[PDB]
*Asks:* 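My questions all concern the structure below.
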Amino acid sequence: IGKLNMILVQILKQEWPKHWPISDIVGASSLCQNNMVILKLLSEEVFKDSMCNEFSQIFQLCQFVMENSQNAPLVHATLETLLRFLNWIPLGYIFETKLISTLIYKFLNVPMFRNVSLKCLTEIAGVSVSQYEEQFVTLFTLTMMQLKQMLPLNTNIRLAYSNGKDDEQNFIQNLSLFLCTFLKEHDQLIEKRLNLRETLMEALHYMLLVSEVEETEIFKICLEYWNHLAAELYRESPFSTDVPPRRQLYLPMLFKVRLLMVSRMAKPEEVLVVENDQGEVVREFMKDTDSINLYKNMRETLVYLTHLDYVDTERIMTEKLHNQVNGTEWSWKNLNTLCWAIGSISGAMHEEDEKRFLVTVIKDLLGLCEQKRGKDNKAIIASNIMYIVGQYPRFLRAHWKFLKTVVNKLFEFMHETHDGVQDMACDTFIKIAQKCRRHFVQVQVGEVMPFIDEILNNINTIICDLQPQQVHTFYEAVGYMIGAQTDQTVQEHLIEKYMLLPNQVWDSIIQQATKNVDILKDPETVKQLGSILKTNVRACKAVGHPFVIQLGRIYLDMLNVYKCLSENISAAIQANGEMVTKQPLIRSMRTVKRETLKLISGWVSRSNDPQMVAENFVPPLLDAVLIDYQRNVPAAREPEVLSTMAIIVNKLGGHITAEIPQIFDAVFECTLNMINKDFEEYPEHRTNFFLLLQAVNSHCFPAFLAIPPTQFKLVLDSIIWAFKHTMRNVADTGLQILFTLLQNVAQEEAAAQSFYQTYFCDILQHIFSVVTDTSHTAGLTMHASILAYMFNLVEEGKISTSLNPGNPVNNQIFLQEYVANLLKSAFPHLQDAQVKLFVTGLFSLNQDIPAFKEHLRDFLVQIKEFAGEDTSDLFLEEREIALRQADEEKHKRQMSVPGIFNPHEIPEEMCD
Ligand SMILES: *[C@@H](CC(=O)NNc1cnccn1)n1cnc(-c2cc(C(F)(F)F)cc(C(F)(F)F)c2)n1
């Protein structure tokens, strides 16, 4: 039978609404199950209004069979088929006939059909129309009356699911789905009925009970429902906490919802230390895409619920915590979840209320800590307390004494030997310093000297046990702390003391190399240089422009080291082969080179005085890098060279234009040959290459007129290869570069005319080739813009030269028959008059980009329809725009609700 199903599937793929526009349903008039399975298969071959009215033929027979047949397998199959086709069957059939009553009385109460029957009702609940309001109300009230008998509220759904059979678990899931969907789409319908409120409480009670099922999927469904309900009630009246109607109706059970939320809170990402299944405390090692989304939903729900009632949230939390300190419920799981909840509602709340809540929370946590002696408990408590103080910079910035105590204890934790406590401490140290910079540098109340100095004077001891990654983390934190010091005369000394330890190591290594360069081949020396350069990169990332004070100190030695490592690795590769790059020592040297380039790129991207950058830093970099990049084989070419060139060109523009020819002489031709041959070989080099090309085109276009034309040929060839590419991102970048290049070249007279005569027809031919080929339909707007631009330039007469070399002819007419011939070649079946009309319209629309786009799209769509080809992807950008608009709207809404985003996530950093 499988072969028949596959053959029918393939036949359906061959344009069902054209080749087979439902007739087989007649055969069901013992065989009905075969029909139902066939349509079940068809239900996924279907992806608007695909002649959907003929689904009524399915529904009529389904009602007939449903109303009259007792064959349980057949009933199940028919119910499944209807479950699929409720997405399209006309509404005037489902809501008018005996359907709802028929299955709610005849099947929903029967185990053989319970799950499918409830799923069918879920799909009916999924219909979202203002019509049939009374039928929806009847559906919900009757379904509740049924499932009340079938699953009484007194049942402990947690236990029933945990020990329940597979079908029972599926029934619990389907009940959750039905309740969630129906209340989402019709709660206002139910709430408007005074007498039904008790049944609404029954639904809410079911939601509470089913929310306690452990399995992640069930709780995800319940959480989505709770998120919807909380959002709706919050938006009913978000400014206060008399009660509005809906909130008044839901309040009698909101408390249980908050208790559920706090009890079951998922792990935040910032918590590195977790309890392992074997009963021990360890650092986290894996992540799940489910966890992040579940945590985000959990945070949304709980922040909405807190906005609904602040006092009650405080009460709940403070009581759970008072309980766990008392030892009534002491357990790492409970404390972890409670502290995750305490940190998750960070923000929101209010200022004085947050202070009041956190004072008691910190007191209770400290006492709990001071009571538990076991090392595992001491780690769990420390981790949780770190998470709390990490998520509440608002509290810290108002209490200097506590902030200093937290920082000192965090340093004490940095020495703690436990697996993940050090990482927790350093990550929290960033989260503190980043969001509380000014307090560290400004002399606070009572103290004599800024806290940054107590850090720097003891930095070596503070970093006397850290893993190198944690060392870079800590240096980045200190970098943020210094970065806020506005006084340059003090910031320079702070930087010098700040960098003093790695600068000492650097000076030692440089002195050793000067005495003998062979030291650079020692793996330990290379590793230390890599660590120092990573520290410098992170410090530059933090401090920003003032980092030049440190950078200029070591710049020349850094480039000398780069040259020495370049020579070493190049000689090694030349002597022993390309695979030499795989050796750990060679990889470490390449890491040193990569970090040098990254440091320069990082500093330049934040520099604000391009003149001095061009004068001092650029020429040594070019001398040290370009020849190496040209000479090395692909296996040893650093893509960070291209990235740095992109960044430097972007920042400097006209100040570096004179150097562009050399850069292209060294890089361009060498790198291009690596990209073209095989697409996947060097994705990073490809990306950095097109970044460089876009930057130089945008900010240093005159360079293209300086380089020899034989190489500008390669530039245009690379751009054309770029937009003809298959992958979306590279094609988009190619189109952007092409359009910018046209705009730029339009401004230089002789260059404009020569470029037109040499390439205009080639570029147009390639653009129409890609458009007709449709291989990159997503960029059709850019294609329309480019085509319109060229059509305008020719139409306005700005192309003074005759495009045809051999024929004295008008440019407009010439381009007209040229594009007509091109279109005819692409699609030989097009008629002459059709193409003539299309080209005349297209030319007439050169002045209006949206109109041009829609004209071209309509022409291409009718070509597809002649070919019978799918037109869905030809509107892909529009649908993508819709998705982006929806996402941006959601983001816009979330920022309006305090607490949904972490204090370390909002761009709107409050003062201090
Ligand atoms: C409790 C253990 C402790 O802090 N001190 N025990 C002593 C004191 N004197 C002599 C002998 N033993 N404990 C565990 N964790 C914390 C704690 C952690 C943090 C954080 F920054 F790491 F999150 C901060 C603080 C605070 F509130 F700043 F004190 C305490 N305390």
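Numbers in chain A track the PDB entry; the residues on display, in order, are 127-147, 150-157, 162-179, 195-388, 401-1071. Counting starts at 1 for both ligands and their atoms, following the listed order. Side chains are part of it too, since the values below use all heavy atoms of this structure and drop only hydrogens, waters and symmetry mates.
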*Asks:* I keep forgetting: which drug shows up at ligand 1?
*Replies:* selinexor (bound form)
*Asks:* Report, by its name in the PDB entry, the chain making the most contacts with selinexor (bound form, ligand 1).
*Replies:* Exportin-1
*Asks:* Show which residues surround selinexor (bound form, ligand 1) within 4.0 Å on heavy-atom distance.
*Replies:* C528, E529, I544, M545, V548, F561, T564, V565, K568, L569, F572
*Asks:* Okay, what organism does the entry have down for chain A?
*Replies:* Homo sapiens
*Asks:* What residue and atom sit at the other end of any covalent bond from selinexor (bound form, ligand 1)?
*Replies:*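 Here, a covalent bond links selinexor (bound form, ligand 1) to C528 SG.
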